[PDB]
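Check out this one - thiopental stuck to Ferritin light chain.
A, B, ... follow the sequence lines: proteins, then strands. Residue 1 opens every chain. If you're wondering, the header gives X-ray crystallography, 2.0 Å. Read the numbers this way: they start at 1 and go in the same order the structure lists the ligands and their atoms. Displayed portion only: the contact tally does not extend beyond what is shown. Scope of the values below: all heavy atoms of this structure, side chains included, with no hydrogens, waters or symmetry mates.
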Number of protein chains: 4
Amino acid sequence: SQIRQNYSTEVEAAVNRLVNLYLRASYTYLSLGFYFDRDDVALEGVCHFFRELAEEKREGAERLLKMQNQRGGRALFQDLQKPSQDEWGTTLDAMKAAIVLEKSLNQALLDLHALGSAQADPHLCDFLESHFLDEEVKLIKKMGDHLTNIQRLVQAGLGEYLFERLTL
Amino acid sequence: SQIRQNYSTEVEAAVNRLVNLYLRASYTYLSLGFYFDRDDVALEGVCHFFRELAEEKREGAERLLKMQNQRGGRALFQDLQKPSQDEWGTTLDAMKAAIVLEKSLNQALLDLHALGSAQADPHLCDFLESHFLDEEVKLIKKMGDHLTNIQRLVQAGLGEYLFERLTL
Amino acid sequence: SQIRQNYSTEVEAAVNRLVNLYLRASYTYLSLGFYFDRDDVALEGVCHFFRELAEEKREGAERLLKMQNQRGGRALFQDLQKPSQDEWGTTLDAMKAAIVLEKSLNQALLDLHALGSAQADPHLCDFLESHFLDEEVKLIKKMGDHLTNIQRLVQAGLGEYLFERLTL
Amino acid sequence: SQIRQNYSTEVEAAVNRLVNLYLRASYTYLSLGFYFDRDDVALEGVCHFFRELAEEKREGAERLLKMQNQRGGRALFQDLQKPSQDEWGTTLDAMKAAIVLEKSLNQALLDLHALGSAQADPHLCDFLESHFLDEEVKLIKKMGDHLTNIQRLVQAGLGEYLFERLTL
Ligand SMILES: CCC[C@H](C)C1(CC)C(=O)NC(=S)NC1=O
Ligand SMILES: CCC[C@H](C)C1(CC)C(=O)NC(=S)NC1=O
């Protein structure tokens, strides 16, 4: 590539993997969103919460793809694995699964940052810090807060309704 | 009729029956609405929900009557049977009865559509699809969502109050 | 399902398959979009054209999922297969592949409509006609128009630049 | 210096060198700009492109000088070497020379960042990342895109005119 400079093949490949992880995360949130839209689940606040997260992860993937091109790397796409569950249980179950997912994304980000540091790639490191690392930390804090409130509310049916109405 | 074209006597009669069904549905919702306005029931959100549905069914009947005339059919009215209950019990009972009513209207619509198809009456078929079929599907989904939330809330008295305050 | 009415297991499954097809189409357009964003391809008008299509297909999938829930069907997700190519060649190659993709989506829509008709499911048939069938016909006409203009322009390099600047 | 803290003599000197590089880059773009303003070259879009870059590099130098003072370093200026060419040939030649220049600036930035990291000077590292590293990456991507389009257009005279009219 005519523009490629200080961009290692290792980082390029790791960025492609992280794109796949973000798209897969988006797909998972899509599934979570429509599960709470089921007539036998019917928690619209929860549905909206997860659908918004699907959009955020998709946007994250697109930002990574833009950066890949800006650096002269080449986007390579793989199959997107279907979400790990077909039915997501209670709001509590769903939020626990969401925090597990975000922590795995966060760890992938931290791994990529470490790689960037080892390759002496400051543009990559700054890119991750500015657009991804703090966003993940804030989202995980929010999920933790939600989990704590859901747990304190669980009269389980009553608690789930009130959380959806008054928080989400 | 000078304007009548491709409008079978079978469809004409079925449309008159569907008008009666919609007016009867409107009357039922009128009764449901005023039951929840009783001082010993006193659930204003529920009262408003059903009164709005009474207006919707009445409007549906008028749209059918307009179409009957547009096609050159002749409106024939029958007695409107009084609603099946004088007292409607809990919000849960009422919502269950409402979904039963809507499914019966929906089935009458599907039957009429089938008749239209067999008579090769595309104007009728399009009319039902554009103004009735999707409206019914959306209303039934909403009722299902309500039923699910009411059920998860039923501290029965507390649940009924919260649903009325926070959803309706 | 408490709300499910006149919704066959066959249609439910076919809708799930069509969701997968739309998500896969969205993924393909995502890949096409970022290919034209490469510094060694650099056709921004083409990139934007395909990225907008990615968004349209994704929205189509979400509308299908909403309808699945409205009817009381159950969304089931499968792996999304990666796009059929990693590199998409010229604008001409890409547009040809795009029209092939849209025709396959269109055929899946026509198959589903035929299924709906055979199952006597007028809500499904109306849903497809109102939101999908005409959109596909219009998009395919537009692509055909583009293909014809690209072809008349192909001084191949010059033609590709002018099309991107003056049409897209 | 009363304010100087954690600012090594090595970084101070490297910053002075980078100021010289940016001023020299500004001077080069000034020359490129006025070459395309010649009546026997006459490509106003190209002239404007390079004149804007002259202003950007000059601003970059001033930001470095401001930072030097903020840290308690002492600005030292050297002769500015005249640009490497008096005449810049075709738009293609000029854009190639521009990308070579930007890559050399980028490498100087990466070297300075590496120095900062080795000296444990996080303020310097953050300063470069926030104001210089991403700007360079974006500018180099843009130049690569331009080069690719110029190349696809080169009927050389015709191609050069169209690029100037329709892109710049
Ligand atoms: C908002 C969900 C997006 C969706 C899950 C998905 C991946 C399947 C995505 O992340 N991005 C695009 S472009 N299309 C898609 O279908
Ligand atoms: C816009 C060009 C600026 C110009 C080349 C130059 C260096 C010669 C510069 O970069 N900055 C200042 S203050 N004066 C100058 O003459």
Query - Neighbouring chains of thiopental (ligand 1) at under 4.0 Å, heavy atoms only - result: A, C
Report task. Give the residue list for thiopental (ligand 1), heavy-atom cut-off 4.0 Å. Result -> A:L23, A:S26, A:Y27, A:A54, A:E55, A:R58, A:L80, C:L23, C:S26, C:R58, C:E62, C:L80
Requested in this report: Identify, for atom 15 (C) of thiopental (ligand 1), the protein heavy atom at the shortest distance, and state residue, atom and that distance.
Outcome: C:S26 OG, 4.0 Å
Query raised in the report: Just which atoms of thiopental (ligand 1) are under 4.0 Å from any heavy atom in A:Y27?
Result: 5 (C)
Query raised in the report: Which atoms from thiopental (ligand 1) have a heavy atom of A:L80 less than 4.0 Å away?
Result: 7 (C), 8 (C)
Query raised in the report: Per UniProt domain annotation, where in chain A do most residues contacting thiopental (ligand 1) sit?
Result: Ferritin-like diiron
Query raised in the report: Taking distance alone, with no angle check, do A:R58 and thiopental (ligand 1) share an N/O pair under 3.5 Å?
Result: no
Query raised in the report: Which residues of the UniProt Fe cation-binding set in chain A does thiopental (ligand 1) share, counting a residue if one of its heavy atoms lies under 4.0 Å from it?
Result: A:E55
